[PDB]
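Contents of the following structure include melatonin.
Counting begins at 1 with the first residue of the sequence. Going by what the header records, the deposited coordinates were determined by X-ray crystallography, 1.5 Å. Counting starts at 1 for both ligands and their atoms, following the listed order. Side-chain atoms are counted along with the backbone in the values below, which use heavy atoms only and exclude waters and symmetry mates.
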Amino acid sequence: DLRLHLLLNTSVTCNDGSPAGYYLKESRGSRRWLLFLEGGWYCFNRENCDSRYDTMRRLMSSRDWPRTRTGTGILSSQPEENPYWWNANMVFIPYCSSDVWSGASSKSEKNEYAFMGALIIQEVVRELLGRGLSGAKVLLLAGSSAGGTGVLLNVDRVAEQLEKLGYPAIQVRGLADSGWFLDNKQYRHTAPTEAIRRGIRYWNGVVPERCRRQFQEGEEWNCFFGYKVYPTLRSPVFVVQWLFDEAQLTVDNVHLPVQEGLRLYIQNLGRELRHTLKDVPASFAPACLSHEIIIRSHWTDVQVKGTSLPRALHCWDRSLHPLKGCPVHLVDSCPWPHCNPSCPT
Ligand SMILES: COc1ccc2[nH]cc(CCNC(C)=O)c2c1
Ligand SMILES: COc1ccc2[nH]cc(CCNC(C)=O)c2c1
Ligand SMILES: *[C@@H]1O[C@H](CO)[C@@H](O)[C@H](O)[C@H]1NC(C)=O
């Protein structure tokens, strides 16, 4: 169980103005710190945020959060469940800003909602430095789905914050799970790129500086797509992505007797995802239809080329000190979902 702490700076808020916060379980024998960003889609205008407030209020407000949370998967403290980092200090940061962790906007007379995801991360990091983070050797910023994209948008900002605060010994790294999407041609029409474009204006969203300077004013939506923002990052980042991600297929208007047109569409999607990962040295991408993995209790079960994800992350740790029998780049080459026998059922 991790215990809830509301932010002492109560001007850093969830969408409705309630204070944001974090759940913490300390491990006093450890110099490793894991900060996990929750996911949960987003909203991008008044009407669609109003509907989210009716039926997804815990993703917009802290008024109804519980005092504790159980750590699962990579957040578990049991070695049987978490072979990688069971002895680490564990932090779960709830997602209550609906902005893919990019916002820097307060509630005001002109703004019904606050969008402060980027500021929430920096305030958590600050307040944690007085609870033991000042002694850390490694800070791993991790996250799933919207939180995985949040890692890509924020890991370099955390690194810069700690250097300017006077903590150059802390090594900042990122782990992005299920947040690596393609701005591809859809199977049918009914678009995420335009929703993100409008969202950035609504949230006053911020993106990493080198990416912003490449794409320039008006085109910051490009930095929400992993294969475009990743080459601009300086911190080491490990990318986890199912080749046939369910959220990707949903926005592509695919719902699973598959005939030739859809077969070719699905096979081309896996090929394109594989291609975007060829220059990503630390990555784990199985040929499965699924979504998210790192906080699932059975995350230890899936393997690529005989190597589990906990093992791949351990090999990554060793590489940041070409290891024999300890690989870090693991991408499936077979072309259809569940061609890998370790895929979840
Ligand atoms: C799950 O919601 C998210 C989270 C992070 C994201 N980054 C970029 C996009 C838009 C394209 N992908 C989808 C699923 O629409 C996005 C959506
Ligand atoms: C590749 O062909 C095209 C052509 C025109 C387009 N407009 C917008 C998109 C991106 C659509 N994908 C998602 C997931 O948002 C697009 C793609
Ligand atoms: C609280 O957070 C806000 C938003 O980042 C910041 O402007 C302010 O300086 C913070 N308060 C203190 C006392 O540092």
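- Tracing melatonin through the model gives ligands 1 and 2.
- Measured by close contacts, the chief partner of melatonin (ligand 1) is listed under UniProt as Palmitoleoyl-protein carboxylesterase NOTUM.
- Heavy-atom proximity to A146, at under 4.0 Å, picks out these atoms of melatonin (ligand 1): 4 (C).
- Against a heavy-atom cut-off of under 4.0 Å, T149 is close to the following atoms of melatonin (ligand 1): 5 (C), 6 (C), 7 (N).
- Scanning all protein heavy atoms for the shortest distance to atom 12 (N) of melatonin (ligand 1) gives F181 CG, 3.5 Å.
- Note on melatonin (ligand 1): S145 sits in its first shell, one or more heavy atoms being nearer than 4.0 Å.
- The nearest protein atom to atom 2 (O) of melatonin (ligand 1), hydrogens excluded, is given as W41 CE3, 3.7 Å; this is a heavy-atom distance.
- Near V100, meaning under 4.0 Å from any of its heavy atoms, are these atoms of melatonin (ligand 1): 5 (C).
- Every atom of melatonin (ligand 1) is numbered from 1 in the order shown, and the set under 4.0 Å from a heavy atom of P192 is 10 (C), 11 (C), 15 (O).
- Using UniProt's active-site annotation for chain A, the residue nearest to melatonin (ligand 1) and its heavy-atom distance to 1 Å are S145, 4 Å.
- Nearest protein heavy-atom contact of atom 15 (O) of melatonin (ligand 1) is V251 CG1, 3.3 Å.
- When only non-hydrogen protein atoms are considered, atom 17 (C) of melatonin (ligand 1) lies nearest to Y42 CE2, 3.9 Å.
- According to the PDB, the organism given as the origin of chain A is Homo sapiens.
- Melatonin (ligand 1) has a nitrogen or oxygen under 3.5 angstrom from a nitrogen or oxygen of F224.
- Residues in other chains coming within 4.0 Å of melatonin (ligand 1) by heavy atoms are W41, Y42, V100, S145, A146, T149, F181, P192, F224, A247, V251.
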Using a cut-off of under 3.5 Å, which N/O atoms of melatonin (ligand 1) pair up with protein N/O atoms, and what distance separates each pair?
residue	atom	partner	partner atom	Å
melatonin (ligand 1)	7 (N)	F224	O	3.3

